[PDB]
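Structure follows of imipenem (open form) associated with D-alanyl-D-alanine carboxypeptidase DacA.
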Amino acid sequence: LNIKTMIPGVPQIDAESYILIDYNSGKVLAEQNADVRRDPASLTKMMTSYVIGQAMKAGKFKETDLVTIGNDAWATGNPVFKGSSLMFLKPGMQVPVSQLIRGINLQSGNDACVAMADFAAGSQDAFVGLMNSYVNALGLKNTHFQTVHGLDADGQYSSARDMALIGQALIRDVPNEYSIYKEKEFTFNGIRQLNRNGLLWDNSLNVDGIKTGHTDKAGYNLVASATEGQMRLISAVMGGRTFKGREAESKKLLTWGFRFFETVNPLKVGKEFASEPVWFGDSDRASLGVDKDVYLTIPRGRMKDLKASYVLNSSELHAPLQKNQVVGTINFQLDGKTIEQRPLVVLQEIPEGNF
Ligand SMILES: *C(=O)[C@H]([C@@H](C)O)[C@H]1CC(SCCNC=N)=C(C(=O)O)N1
């Protein structure tokens, strides 16, 4: 019992805040100061990429389309860019979207962000409006953007939790955009540029994202995501305190998560979990399940011990029953205790009887 019910100790993490979540279940595996508002620095570009990804998903433009660079995206024409990561765009260049988005995602090019913001939304301010609209849509409680890149934004902030949630949204909602993050290099204007995410080259993990950020003000920041088998984790580490820990602290969290936790998928949408009699219907019985795939994160090795059962909201089911009508709750249990609950819904509509 003692070894089965063990709660693992969390490694010490040399950073101001962090969080470790499961991508599929959303379970928070470990956290410290995860809601404290901090300078996001280049992590802001995750939201820039999310907006671009949404626009591309919507067919607003495609990767082959040429963007004509304007004055505001001219790297050496705007001292706000001094000492920052740049693609080195000049006005009059005609650059494919594919190249600009790799400038953003791999190189953290601040100039590329401006070029894409104007192309996608007409102005930087309108683009930032979109970024903040998605902050609202994603339910983020501790995030606000002022810039398309992270620079020159005194009232901009995010948090470890919110940055992990933006990472989750990238992978979930804009998978074609997310797929770019694992690319180790791209070439622009005859120069090869390497992805800044050093973890991509760590053989011991399968890291395929997401974004790094450093300013002297924000410290060292990293949102990472890695997979092992069925399982995908996302870590966000903000205000990393040393150069030597910039990838090491995140690696500590990810490796710890895979060692102690596992993700299970006990039920898919549309598959019967339970059946109940129904009154007044065109069928004698209601087929019951979920309207969203169930993922649970549990201690590693406890999968065989997982039990499921359900409760019903009402004594009797009466037709008409709508598809996806909520009629109860599924309880998932370990060691006799409910650890997770999901809504139990009608899978196939049952109208009133017609004879
Ligand atoms: C993001 O956090 C900044 C961006 C706002 O400029 C970039 C800069 C760097 S490293 C320094 C590059 N400048 C210099 N020659 C990073 C990084 O994550 O390493 N992010």
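The first residue of the sequence shown is numbered 1, and numbering continues consecutively from there. In listed order, ligands and their atoms are each counted from 1. Looking at the header, which is where the method is noted, we find X-ray crystallography, 1.5 Å.
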Give, by chain and number, all residues and nucleotides of other chains with a heavy atom within 4.0 Å of imipenem (open form).
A41, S42, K45, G83, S84, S85, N110, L151, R196, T212, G213, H214
Could you tell me whether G83 and imipenem (open form) have an N or O pair separated by under 3.5 Å?
yes
Which atoms of imipenem (open form) sit under 4.0 Å from any heavy atom of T212?
17 (C), 18 (O)
For chain A, which UniProt substrate-binding residues keep a heavy atom less than 4.0 Å from imipenem (open form)?
none
Which covalent bond, if any, links imipenem (open form) to the chain, stated as residue and atom?
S42 OG
Write out the residue and atom name of the closest protein heavy atom to atom 17 (C) of imipenem (open form), then the distance separating them to 0.1 Å.
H214 N, 3.6 Å
Which UniProt active-site residue of chain A is in closest heavy-atom proximity to imipenem (open form), and what distance, to 1 Å, separates them?
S42, 1 Å
Pull out every atom of imipenem (open form) sitting under 4.0 Å from any heavy atom of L151, numbered as shown with elements.
5 (C)
Which organism does the PDB entry associate with chain A as its source?
Escherichia coli
If you have a sec, work out which protein heavy atom is nearest atom 6 (O) of imipenem (open form) and how many Å separate them, to one decimal?
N110 ND2, 3.1 Å
Closest approach of any protein heavy atom to atom 8 (C) of imipenem (open form), naming residue and atom
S85 OG, 3.7 Å
N/O to N/O below 3.5 Å, does that happen between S42 and imipenem (open form)?
yes
As an exercise, identify every atom of imipenem (open form) less than 4.0 angstrom from a heavy atom of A41.
2 (O)
To which protein heavy atom is atom 10 (S) of imipenem (open form) closest, and what is the distance rounded to 0.1 Å?
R196 NH1, 3.9 Å
Do any N/O atoms on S108 end up under 3.5 angstrom from N/O atoms on imipenem (open form)?
no
Check whether any N or O atom of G213, backbone or side chain, sits under 3.5 Å from an N or O atom of imipenem (open form), and answer yes or no.
yes
